[PDB]
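A quick write-up on the structure given underneath.
Sequence lines set the chain letters: A, B, ... in the order given, protein chains first and strands last, and positions in each chain run from 1. Method on record in the header is X-ray crystallography, 1.6 Å. When a ligand or atom number is given, it counts from 1 through the structure's own listing order.
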There are 2 protein chains.
Amino acid sequence: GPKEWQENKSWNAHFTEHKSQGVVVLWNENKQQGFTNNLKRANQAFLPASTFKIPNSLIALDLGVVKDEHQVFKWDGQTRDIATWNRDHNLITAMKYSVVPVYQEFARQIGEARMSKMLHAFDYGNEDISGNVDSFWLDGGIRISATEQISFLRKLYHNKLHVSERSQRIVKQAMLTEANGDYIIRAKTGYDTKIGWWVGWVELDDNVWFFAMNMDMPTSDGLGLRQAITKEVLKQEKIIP
Amino acid sequence: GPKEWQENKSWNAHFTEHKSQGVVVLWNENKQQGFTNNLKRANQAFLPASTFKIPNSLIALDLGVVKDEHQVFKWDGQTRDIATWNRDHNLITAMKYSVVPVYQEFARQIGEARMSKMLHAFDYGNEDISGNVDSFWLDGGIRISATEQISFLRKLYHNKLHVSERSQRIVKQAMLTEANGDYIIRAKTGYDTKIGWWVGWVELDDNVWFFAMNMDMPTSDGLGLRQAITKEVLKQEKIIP
Ligand SMILES: *C(=O)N1C[C@H](NOS(=O)(=O)O)CC[C@H]1C(N)=O
Ligand SMILES: *C(=O)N1C[C@H](NOS(=O)(=O)O)CC[C@H]1C(N)=O
Ligand SMILES: [Cl-]
């Protein structure tokens with residue numbers, strides 16, 4: 001019989017070209033088949049860092065902490081290192097610019113009991129929120145693997161998560177990253193100071209490819225490699241031109 | 001004091017450069033002010049042609065004629081001149097490739113009584129569905145102006161049309177045309193053998209610009225000028241780079 005999961009080590013060339021190491025995991029939805037350059041690392045669990053703003057957004061919307069994607073979260077007046085954070089935001093721009101202080105406020109309003117119950121209902125990673133209610137995805141006990149990211153994203157794509165369909169549609173809107181006549185990418189980046197993430201999917205006319213990548217990332221200087229390397233794999237597999 | 005609509009005839013150079021004539025209408029949502037090169041033509045009502053796929057989609061979804069944006073509508077097997085039409089489609093690709101036969105079947109299932117009632121509820125153009133229920137937007141009595149297109153699109157953007165929020169969110173997803181780190185365009189083209197249309201909006205971080213353009217289109221050779229001329233105006237107004 002055919003294999004659900006296949007290893008393709010030729011993708012390592014795209015990491016080695018940049019003196020880095022990592023994993024790309026792809027899932028072909030039509031074929032129900034997955035592909036990766038590193039089967040073991042594909043299933044190892046890491047801190048989600050800013051990719052947690054996908055479930056955080058879903059929970060905040062479903063609970064009414066965030067009313068809709070137009071509600072304004074005012075800047076608290078503290079000047080931070082990332083210039084795009086020093087302004088008012090809504091859900092769309094807070095995800096686009098990965099605005100930490102806005103999502104810390106969401107997490108505090110959600111609170112520990114409801115955050116834990118929702119991640120259990122999502123089957124999200126190891127479901128463990130130990131640590132600070134407003135930072136556990138960066139320095140606490142939650143862990144998720146690349147294959148677990150894909151499983152979560154597939155439920156989101158199909159509106160199968162336990163939260164309202166409305167919440168799922170709003171977050172999928174907020175994940176929009178790039179679109180043209182050839183493809184649509186909905187995705188979210190993350191960085192925990194050691195590992196960089198990019199997770200999401202590529203919508204084509206007749207198929208959707210889910211992806212989850214992480215890579216060793218010692219400094220923020222190489223952050224654009226997250227998208228660049230993933231796109232090299234997508235080009236090799238003839239998913240995008 | 002300032003006027004709701006300002007005329008900017010310098011945009012005519014973008015039509016003149018292509019030996020063409022037409023109108024571009026812009027609406028700045030934050031400032032609640034509009035701009036056009038031709039106020040008279042901005043209020044001239046034309047057949048909507050394929051821009052009618054926006055209200056048609058909304059009605060089909062709200063009535064359950066279309067269950068969701070993934071439902072597949074099989075090719076009926078008749079070979080038509082536009083090759084992308086000769087295949088199975090869902091709502092996303094039917095709007096992307098402007099697949100008339102799919103939308104003709106939606107319209108027949110909606111039926112004239114519900115179609116007329118919903119266009120009245122939408123305040124859509126002259127609300128006149130005289131002709132065949134499956135072709136009145138191509139060769140019947142319905143007429144809509146560029147400013148009326150803006151009015152309709154503003155209601156859709158704000159979820160204020162008399163259909164479910166869900167239907168409006170799905171259609172706005174289906175209108176997605178282009179997205180990058182600078183802007184998002186949601187829009188729909190149309191062509192009636194005499195006039196070409198492009199209507200929609202540009203989402204920025206902190207504003208939305210609605211647009212509706214139409215131009216004289218004697219042959220199909222110049223159809224790419226609908227987007228190209230509109231983008232020259234957007235570039236001149238520093239809405240997009
Ligand atoms: C999330 O991982 N973080 C917030 C912000 N996002 O940048 S990313 O999306 O481009 O990686 C900066 C990195 C990180 C953090 N420092 O908390
Ligand atoms: C809609 O106006 N039509 C369907 C199709 N779409 O072309 S467009 O979207 O690029 O203008 C072809 C033109 C037109 C029609 N023939 O009815
Ligand atoms: Cl979208």
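As PDB records put it, the drug at ligand 2 is avibactam (bound form). Bound to avibactam (bound form, ligand 2) with the most contacts here is the chain that the PDB entry lists as Beta-lactamase. Other chains whose heavy atoms approach avibactam (bound form, ligand 2) within less than 4.0 Å: B. Close approach of avibactam (bound form, ligand 2) to B/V100 is summarised as follows: ligand atoms under 4.0 Å from at least one heavy atom of the residue are 4 (C). Within the listing of avibactam (bound form, ligand 2), atoms 2 (O), 11 (O) sit less than 4.0 angstrom from a heavy atom of B/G190. Covalent status of avibactam (bound form, ligand 2): bonded to B/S50 OG.
Listed in the PDB entry as the source organism of chain B is Enterobacter cloacae. Of the heavy atoms in B/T51, none comes closer than 4.0 Å to avibactam (bound form, ligand 2).
Checking atom 16 (N) of avibactam (bound form, ligand 2) against the protein gives no heavy-atom contact under 4.0 Å. The site surrounding avibactam (bound form, ligand 2), defined by heavy atoms under 4.0 Å, contains B/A49, B/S50, B/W85, B/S98, B/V100, B/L138, B/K188, B/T189, B/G190, B/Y191, B/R226.
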Pairs under 3.5 Å, nitrogen or oxygen of avibactam (bound form, ligand 2) with protein nitrogen or oxygen:
| residue | atom | partner | partner atom | Å |
| --- | --- | --- | --- | --- |
| avibactam (bound form, ligand 2) | 2 (O) | B/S50 | N | 2.8 |
| avibactam (bound form, ligand 2) | 2 (O) | B/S50 | OG | 2.2 |
| avibactam (bound form, ligand 2) | 2 (O) | B/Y191 | N | 2.9 |
| avibactam (bound form, ligand 2) | 2 (O) | B/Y191 | O | 3.3 |
| avibactam (bound form, ligand 2) | 3 (N) | B/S50 | OG | 2.3 |
| avibactam (bound form, ligand 2) | 6 (N) | B/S98 | OG | 3.0 |
| avibactam (bound form, ligand 2) | 9 (O) | B/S98 | OG | 3.4 |
| avibactam (bound form, ligand 2) | 9 (O) | B/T189 | OG1 | 2.5 |
| avibactam (bound form, ligand 2) | 10 (O) | B/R226 | NH2 | 3.0 |
| avibactam (bound form, ligand 2) | 11 (O) | B/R226 | NH1 | 2.5 |
| avibactam (bound form, ligand 2) | 11 (O) | B/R226 | NH2 | 3.4 |

